[PDB]
Trainee: 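Got a structure here, written out as structure tokens. Questions coming.
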Amino acid sequence: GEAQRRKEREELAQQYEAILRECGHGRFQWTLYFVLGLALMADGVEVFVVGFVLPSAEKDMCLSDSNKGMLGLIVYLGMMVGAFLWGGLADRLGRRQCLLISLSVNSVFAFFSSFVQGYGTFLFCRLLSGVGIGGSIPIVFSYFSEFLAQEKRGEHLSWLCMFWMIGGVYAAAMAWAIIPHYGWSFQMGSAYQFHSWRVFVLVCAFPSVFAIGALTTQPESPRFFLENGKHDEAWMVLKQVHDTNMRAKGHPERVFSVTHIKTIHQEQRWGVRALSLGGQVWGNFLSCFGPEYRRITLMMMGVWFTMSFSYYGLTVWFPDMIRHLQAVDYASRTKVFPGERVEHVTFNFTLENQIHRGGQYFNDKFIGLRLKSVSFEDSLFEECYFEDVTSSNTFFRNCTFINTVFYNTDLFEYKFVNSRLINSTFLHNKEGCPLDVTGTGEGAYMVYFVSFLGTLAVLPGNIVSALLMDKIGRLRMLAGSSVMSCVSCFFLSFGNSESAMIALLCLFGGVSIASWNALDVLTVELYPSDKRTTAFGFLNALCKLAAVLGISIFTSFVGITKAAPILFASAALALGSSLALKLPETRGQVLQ
Amino acid sequence: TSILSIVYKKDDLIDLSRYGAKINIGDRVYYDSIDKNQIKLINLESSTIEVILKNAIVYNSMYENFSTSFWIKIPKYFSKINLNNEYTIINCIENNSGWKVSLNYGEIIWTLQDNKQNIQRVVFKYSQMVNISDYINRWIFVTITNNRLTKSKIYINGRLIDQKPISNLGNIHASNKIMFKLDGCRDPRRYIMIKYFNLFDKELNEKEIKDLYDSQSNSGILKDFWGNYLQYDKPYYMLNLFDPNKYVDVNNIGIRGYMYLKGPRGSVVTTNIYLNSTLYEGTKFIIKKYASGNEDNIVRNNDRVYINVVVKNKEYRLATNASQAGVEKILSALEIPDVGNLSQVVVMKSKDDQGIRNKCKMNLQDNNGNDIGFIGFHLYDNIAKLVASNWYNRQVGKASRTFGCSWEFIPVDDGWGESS
Ligand SMILES: *[C@@H]1O[C@H](CO[C@@H]2O[C@@H](C)[C@@H](O)[C@@H](O)[C@@H]2O)[C@@H](O[C@@H]2O[C@H](CO)[C@@H](O)[C@H](O)[C@H]2NC(C)=O)[C@H](O)[C@H]1NC(C)=O
Ligand SMILES: *[C@@H]1O[C@H](CO)[C@@H](O)[C@H](O)[C@H]1NC(C)=O
Ligand SMILES: *[C@@H]1O[C@H](CO)[C@@H](O)[C@H](O)[C@H]1NC(C)=O
Ligand SMILES: CC[C@@H](C(N)=O)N1CCCC1=O
């Protein structure tokens, strides 16, 4: 029984490879390459949106701690759910069908989140958008693989990873060109406000819609038709590839010589259909953990988890350390004035990064002043008057207020820590958040630039991988890039300034991309066509879970020491490379 | 049934009951100009009131039931010196035996002591961190009943607050002379107001307490926020009882302008002494007499008056166009001479049709004596705009719960101490 079915798969794979060789490489493959590249560009764009809009969304939504982190981590949870779901559904519904459904869901919920005003609703919309976009990479790679001959499969598949970097560059450029315009205050509904980061969200939701539009004009992969017992349309699609390729070549007169293709023999209503689909998907998932594929699946799990953990941890660690260094430099410049006695005189000023200690102000009226990181300590205010006071990161600690009036000020109760107020009046308090929300200004610009630089770092290695994939191999490229990633991880200690962090980020990003390409190609080539999307989606869900874990662990380690992130990244990458070196070789083989 | 009843008379205090209790008053005891029957006692030695009963009415028995009643006004406690500072205000204790009433920070205490030095205490507690208080610097009707067989109970404004058994207490003696002086107060600037002190030789039940409350409430006269009489030619801040976190404000002058409820209110804080809400916010409402023939400045029920409105220390008039869309039509503040025939006249209402005392309400009416309706607020596109409507009258006729037709007048008072 098993031998006959194995022989049938082998002969089907060999005839499919012969047909693909006869059709040849040409315009059809490049058209599908661009379409799936747009589909991958959508995924590449999706991972930057929350990180770029958080500085404005914290003030525009009164976002506290334990809410910014969940917003940052929600896209990966959504991706983890969606990757598994769509990878399971793609082996029973079709690669193109599930890709259209997932991309449409992502587009719809990304459009919905751009107008959402609340936080929990924003969390739900972003989680659903992550679910929609999670299934992009597995389906796209498994869909493009089934149109390539064995002569150049690593090269043509590794060329498909340029669009992820293109999407990252697009996101960085859009953030640089849209977000800094804080003046935009479009008003539709008095209770609601439309800022620039929502426009950025719209522009970042655009490429998924473009991907859907491009994908609507492509045909289903013939291999999925052949596996499911559908022979006529697989022949039609292969023929269409033939005419497109040879018409582009310049010989639109030859005939598709293939007549018959061997096909795998196939052996309340809504609930029954759902139960059948779930059972079949579970069967595919369990057969992924079968006697034939059990060493392979665990080794792939190890490699995916380790590389995802290290990569996402370091990628979230670099900007956090740049911010920490900037904060340390800012706190080093703080001015201190211990003690000052002030008599009747009006006060206007704008003070930044100052601490006034032991002040004694008698009958002082403070009119129209802006405070940024200004702290009054051990001060006494008597018969004072605060009018038109706007403050950020300003606190009154150990202060005593007597007969003072706070008119038209945003000095809320959380800004008086361990203070004593006697006979004081608060009148016409400005509208504001109940707690602190911090403030981000011009320093956003460089952030975009930094992101851009990181994405550009990817550009060289990709080329090299795409130009060398079939020359050395998937295993050797994967190992030789993971080893360099580990070396760059060790080299992290030799940097403590912002420029050093930027250079280190560029080095790591330019080094790890070849390993990621190799893992993608190897995962595509190591599974049968009736389990390719299921296995790829399960491994991608594992990748997203490792991304969550690594991001949390590496962000919890900022400002403490530079040894823990280095140790974690190096150990994980060494384990991943060691596990990857034990994988089988798939170069020079038919797509079985 | 009353043994002691101190009432004001021609420059003295006289006992209404047929006992002729001797009353002597110190040289620093004050009297309010409008309501001389209210007595002010300050924290001094000369600010004293002695009342001497007869030997035949001195409480010396031990099954004898008795009750007391009075009205008290206590200013706000401003600083920590008042904390843990229980001070006696009324004393009838001799040889460590009798009855007494005292005040502490947010507490009114009744104390009974017999010859065996056993103390029984009944306390009424009111907070000071509330946004708007029903007791701070406002008149409070306190009535205390003592049944030697069952219990001793205290009633604030006619409702029971606390009750404690006294069956264990033995024979209670009482002084021949009763005290009215602040005793034991460390605060040198603390005063009280008391009025309408009555004593009865039997335990009052809820019914007689309620009738005494209504009889002494003076239901036919309008009252301000502090419980004092409402007067003409005095600026009052306005408070809505249903929506007490917003104050009356104006934006433009004339018919094109409206007055609305703007919020939120401010706060006055003294770091765990009080966290009250600011009462001196908004626009002042002056009352001008129009048809009241009474010579006094006291605003009585059913008086037909005008309402001036203070905007940037300039006086305008309440008026509305009797003819516009809807029943709930906008009120406006406009120049005094340019009003013409717009509806000005406001009827002041304090008690309902049956005579039950309620808060201050205003009924706008036209020149023809047609009820435009009660004054309140209605929400137009998220703005609480002042409107006169007959919807409130319809609900009153149906005995339904009206929403916003009840107002409160807040004059500036020394017992509140807020900075304007
Ligand atoms: C807190 O204030 C009260 C009331 O004073 C008013 O409010 C102040 C904020 C300020 O604006 C004063 O000019 C106001 O008159 C104080 O209590 C009164 O203080 C005055 C002294 O000017 C005195 O004449 C009154 O008798 C006081 N009234 C009472 C009932 O004691 C209070 O002392 C202030 N607290 C402190 C700690 O000074
Ligand atoms: C602020 O105050 C200073 C002196 O206190 C004065 O010279 C200056 O003109 C003021 N600012 C403006 C804008 O007038
Ligand atoms: C500041 O705090 C210290 C203790 O934390 C206290 O001793 C000191 O009195 C405070 N400053 C003033 C002006 O009271
Ligand atoms: C499409 C590329 C994708 C992948 N799954 O290989 N990449 C590249 C860098 C990180 C990542 O998830």
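A, B, C, ... go to the sequence lines in the order they are written. All chain A residue numbers match the PDB entry; in order, they span 137-403, 418-742. Heads up, chain B uses the PDB entry numbers, so what you see runs 876-1295. In listed order, ligands and their atoms are each counted from 1. Only heavy atoms go into these numbers, but all of them, side chains included; no hydrogens, no water, no symmetry mates.
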Trainee: I'm looking at ligand 4, any idea what drug that is?
Mentor: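 You're looking at levetiracetam.
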Trainee: Give, per UniProt, the macromolecule that holds levetiracetam (ligand 4) with the most contacts.
Mentor: Synaptic vesicle glycoprotein 2A
Trainee: Hey, which other chains get a heavy atom under 4.0 Å from levetiracetam (ligand 4)?
Mentor: A
Trainee: Check each UniProt transmembrane segment of chain A from the N terminus and list those with a heavy atom under 4.0 Å from levetiracetam (ligand 4).
Mentor: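 Heavy atom under 4.0 Å in UniProt segments 4, 5, 7, 10.
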Trainee: Any idea what organism chain A is from, going by the entry?
Mentor: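 The entry lists the source of chain A as Homo sapiens.
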Trainee: What residues, by chain and number, sit within 4.0 Å of levetiracetam (ligand 4) when only non-hydrogen atoms are counted?
Mentor: A:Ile273, A:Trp300, A:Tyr461, A:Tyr462, A:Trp666, A:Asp670
